[PDB]
Amino acid sequence: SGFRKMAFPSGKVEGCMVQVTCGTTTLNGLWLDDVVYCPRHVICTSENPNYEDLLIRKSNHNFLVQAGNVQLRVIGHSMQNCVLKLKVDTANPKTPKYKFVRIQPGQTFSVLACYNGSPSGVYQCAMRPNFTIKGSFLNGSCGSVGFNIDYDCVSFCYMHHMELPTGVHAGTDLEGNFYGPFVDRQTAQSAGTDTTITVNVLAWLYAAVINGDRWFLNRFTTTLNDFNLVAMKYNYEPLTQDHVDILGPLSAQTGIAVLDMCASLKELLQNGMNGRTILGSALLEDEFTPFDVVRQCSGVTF
Amino acid sequence: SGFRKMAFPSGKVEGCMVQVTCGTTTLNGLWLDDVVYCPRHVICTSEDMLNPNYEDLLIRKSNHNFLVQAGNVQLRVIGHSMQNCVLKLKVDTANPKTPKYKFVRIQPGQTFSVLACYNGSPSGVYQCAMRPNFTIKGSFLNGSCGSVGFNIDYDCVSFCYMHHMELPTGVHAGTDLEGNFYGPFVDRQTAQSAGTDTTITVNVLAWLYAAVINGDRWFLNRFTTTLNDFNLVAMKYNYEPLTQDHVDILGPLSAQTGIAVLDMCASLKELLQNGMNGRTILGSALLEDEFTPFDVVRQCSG
Ligand SMILES: *C(=N)[C@H](C[C@@H]1CCNC1=O)NC(=O)[C@@H]1[C@@H]2[C@H](CN1C(=O)[C@@H](NC(=O)C(F)(F)F)C(C)(C)C)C2(C)C
Ligand SMILES: CC(C)(C)[C@H](NC(=O)C(F)(F)F)C(=O)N1C[C@H]2[C@@H]([C@H]1C(=O)N[C@H](C=N)C[C@@H]1CCNC1=O)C2(C)C
C-alpha cells in the first residue's frame, strides 16, 4: 500500500551532469556523447543580450567544462534556439540511451536539481497549464534538467533557465524552445493565471479509491458539458473525450465510471472537503497523471 | 525559491541493488563490498509465516539455496550469517559500484529517501520521515521488501532503513541495517499494530520558519509562550511534546528569521486553535511535519 510523490531513479542522469563556467558565471551542463548542453545565458556578462554575437566573438578556452575533478576540453560551440551546445574532445562513457522530448501541460517529470555540476536533490514536477513549474531552485541551479525514464531510455524534456517574480520557474526543452511565452532576458516577465489539471485530479481520486479512501464517492453521474461548465467556474482545465479514454483502465480497475468520479469531483469543488482528507491531503492534488497512478499502483522497474 | 519534498539522488544506491531468491521467495538485497544484506524472512515459506524459527531454517540452508542476481550476472554465495532480522550473504565478487557508506540508526522525526525496488531494479524514489510511532508512511507493493532508506552527506551514503513488512493500517515497518526493528515490531505475521501516531512538532516549526524565509507571514501573531504551556496545548492536538533539545536545534532558523523559538510556538498554537481558513503555507492546507530543521536550512539558504 501507500501513495507518495515519487521521482524516477536519477542514476542514469547523475552520470551526465557537468559544470560550465563563463567568466564568473557558473551553471550546469548535460554531457551526452561528445556534446555538453547548457543554457545560452551562461555566456552573458552583467550587461537585451545579443547572443549570436557574444557566441561567435568567443574562443573555445573561455568555456571551462568540469566533470567532477576532470577538465573537459571544448573543441567546438554552436547555438540551437536558447540552448548552447559545446562540442567536447571526449564522449561521456556514462551516456545512457536518451531522446529529447517536448511535453504537454499536465505531463509530469523528475527534476534533478544541481549546483556546480553536482546533483543535490531529485523531485517530481508537473508542466503547469501556464507553462511554469513550481520547482525548488536556488542560485547556480540553471542547466538542471527534467526527465522521464521508459525502460532503459531517459527522455530529457526540460532545462532550467529562470525564476519568475511569483517564485515559480521557467525553462526550455533540450532543443532550447521555451515552454510558455517567455524570453531569457532580465526583462520584467510574469506567469499567467494557472489552472487546475482536471484529468490529474481524477487520476489521483482513483489512487484514493485504490488505497481504500471512498468517502467522496457518490451514486450520481454527470455529463462532460455540465462538468466542464462547473470546472471553468473554479479555474479547472476542460475535460476532453481524450482524458475520459485515458482514465478508462482506472475506471475498469476500480469499477467506477469516469463520469461518476466527475460528479464526485464536482461535489468537492462546490462543497470543499468537509474537514476531511483524501490520501492525507486537504487540497485536491493535480501533479499525478493517470499513467503515474497506474505506474505506482502496479510497480514498474528500469 | 520554491519548497519541494526533495529526495537524495538515487545513483549511488541503484548501483548496489540486487535480487535475492530462496525457494519461491524473491525480494531485494543491498550489495556492499562482498556482502549482500537482505531481510531474513526471504528464507520463510508460507507455513513459516506465523512462528518462524529463523535459526532452525538457516541451519537447514546451504549457500547454493540462495540465488543472488545482479542484472544478468548470478553472484556466487560463499557464506551466510544472520544478524538480528537481516541475513548477510558473503559473495565471490566485491561490488565495484560500492559508494562510501555507513549504517546509521535514526530517531523518530529524522528524514531519509526511499528507493522503492522490485526484483533488484529500482521503481522510484521518495522522501520519508520516521513517524513518532516507529512506522513510516511509505509506498510499497508485494516484493518491495529489502528496499532501503538512506541519506547522502557529501559523497558518503548513510543507510538507516531496510523494508520488512506492512501493518494493517497501510503503514510500513523495517529495521536499521544491523537488522534491529525500529519500534516494537517483529518479523512475524502475528497480529501487531502501530501505537497512535503523533505530529512531529519540531519539524512543523522548522517548516513554519522556512515559510517566513520564503516570504509568507500570514500565520504569525504577537504572542510568546512558556515551553510548558506550549506542550500542554500541543498534546491536546496529538502533537509530539517539544523539548529544550528541539528548541536548541531551531536556534539557527530563529537567528536567520529574527523570530524567537517560543514566539514561533505561539504562532503554531494559534494555527491549531483556528486552522487555515482557506489559506495555505508553502502550497499546503495541512501543517507539514516531514521537513527537519537541517532539511529546511539546506534547501532555502544553500
Ligand atoms: C515483502 N515482499 C512483503 C511486502 C508488504 C506487502 C505490500 N507492502 C509491503 O510492505 N511483506 C511481507 O511478506 C511480510 C512478511 C510476513 C508478512 N508480511 C506482511 O507484509 C504482512 N504484515 C504483517 O505481518 C502484519 F500482520 F503484522 F501486519 C501482511 C499481513 C501480509 C501485509 C513477514 C515475515 C512480516
Ligand atoms: C529571479 C531572477 C532575477 C534571478 C531571474 N528571473 C527573471 O529574469 C525574472 F524575474 F524576470 F523572471 C533569473 O532567474 N535569471 C536572470 C537571468 C537568468 C536567470 C538565472 O540566472 N536563473 C537563476 C540561475 N542559476 C535561477 C534562480 C535562482 C533562484 N531560483 C531560480 O530559479 C536570466 C533570465 C537570463
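We name chains A, B, ... by the order of the sequence lines, and we start the count at 1 in each one. Read the numbers this way: they start at 1 and go in the same order the structure lists the ligands and their atoms. Computation of the quantities below employed the complete heavy-atom set of this structure, encompassing side-chain atoms and omitting hydrogens, waters and symmetry-equivalent molecules.
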**Asked** What's the drug at ligand 1?
**Response** nirmatrelvir (bound form)
**Request:** Find the chain in most contact with nirmatrelvir (bound form, ligand 1) and give its name from UniProt.
**Result:** 3C-like proteinase nsp5
**Asked** By chain letter, which other chains contact nirmatrelvir (bound form, ligand 1) with heavy atoms under 4.0 Å?
**Response** B
**Asked** For atom 13 (O) of nirmatrelvir (bound form, ligand 1), which candidate among B:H41, B:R188, B:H172 provides the closest heavy atom?
**Response** B:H41
**Prompt:** What protein heavy atom sits nearest atom 23 (C) of nirmatrelvir (bound form, ligand 1), and how far away is it?
**Reply:** B:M165 CE, 3.3 Å
**Asked** What protein heavy atom sits nearest atom 2 (N) of nirmatrelvir (bound form, ligand 1), and how far away is it?
**Response** B:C145 SG, 2.8 Å
**Request:** Do me a favour and list the nearest non-hydrogen protein atom to atom 32 (C) of nirmatrelvir (bound form, ligand 1) with residue, atom name and distance?
**Result:** B:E166 O, 3.3 Å
**Message:** Under 4.0 Å, counting heavy atoms only: does B:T190 come that close to any atom of nirmatrelvir (bound form, ligand 1)?
**Reply:** yes
**Message:** For nirmatrelvir (bound form, ligand 1) and B:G143, I'd like to know whether there is a polar contact (N/O to N/O, distance under 3.5 Å).
**Reply:** yes
**Message:** I'm trying to place nirmatrelvir (bound form, ligand 1) relative to the UniProt active-site residues of chain B - which one is nearest, and at what heavy-atom distance, to 1 Å?
**Reply:** B:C145, 2 Å
**Request:** Please work out which of B:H163, B:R40, B:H164, B:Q189 has its closest non-hydrogen atom nearest to atom 14 (C) of nirmatrelvir (bound form, ligand 1).
**Result:** B:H164
**Item:** Sub-4.0 Å heavy-atom contact, B:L167 with nirmatrelvir (bound form, ligand 1)
**Value:** yes
**Prompt:** What does the deposited model list as the covalent connection for nirmatrelvir (bound form, ligand 1): residue and atom, or none?
**Reply:** B:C145 SG
**Prompt:** Quick one: does B:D187 get an N or O within less than 3.5 Å of an N or O on nirmatrelvir (bound form, ligand 1)?
**Reply:** no
**Item:** Entry source species for chain B
**Value:** Severe acute respiratory syndrome coronavirus 2
**Prompt:** Which UniProt domain would you name for the part of chain B holding most residues in contact with nirmatrelvir (bound form, ligand 1)?
**Reply:** Peptidase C30
**Prompt:** By chain and residue number, what forms the binding site of nirmatrelvir (bound form, ligand 1) with heavy atoms closer than 4.0 Å?
**Reply:** B:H41, B:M49, B:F140, B:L141, B:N142, B:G143, B:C145, B:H163, B:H164, B:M165, B:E166, B:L167, B:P168, B:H172, B:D187, B:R188, B:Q189, B:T190, B:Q192
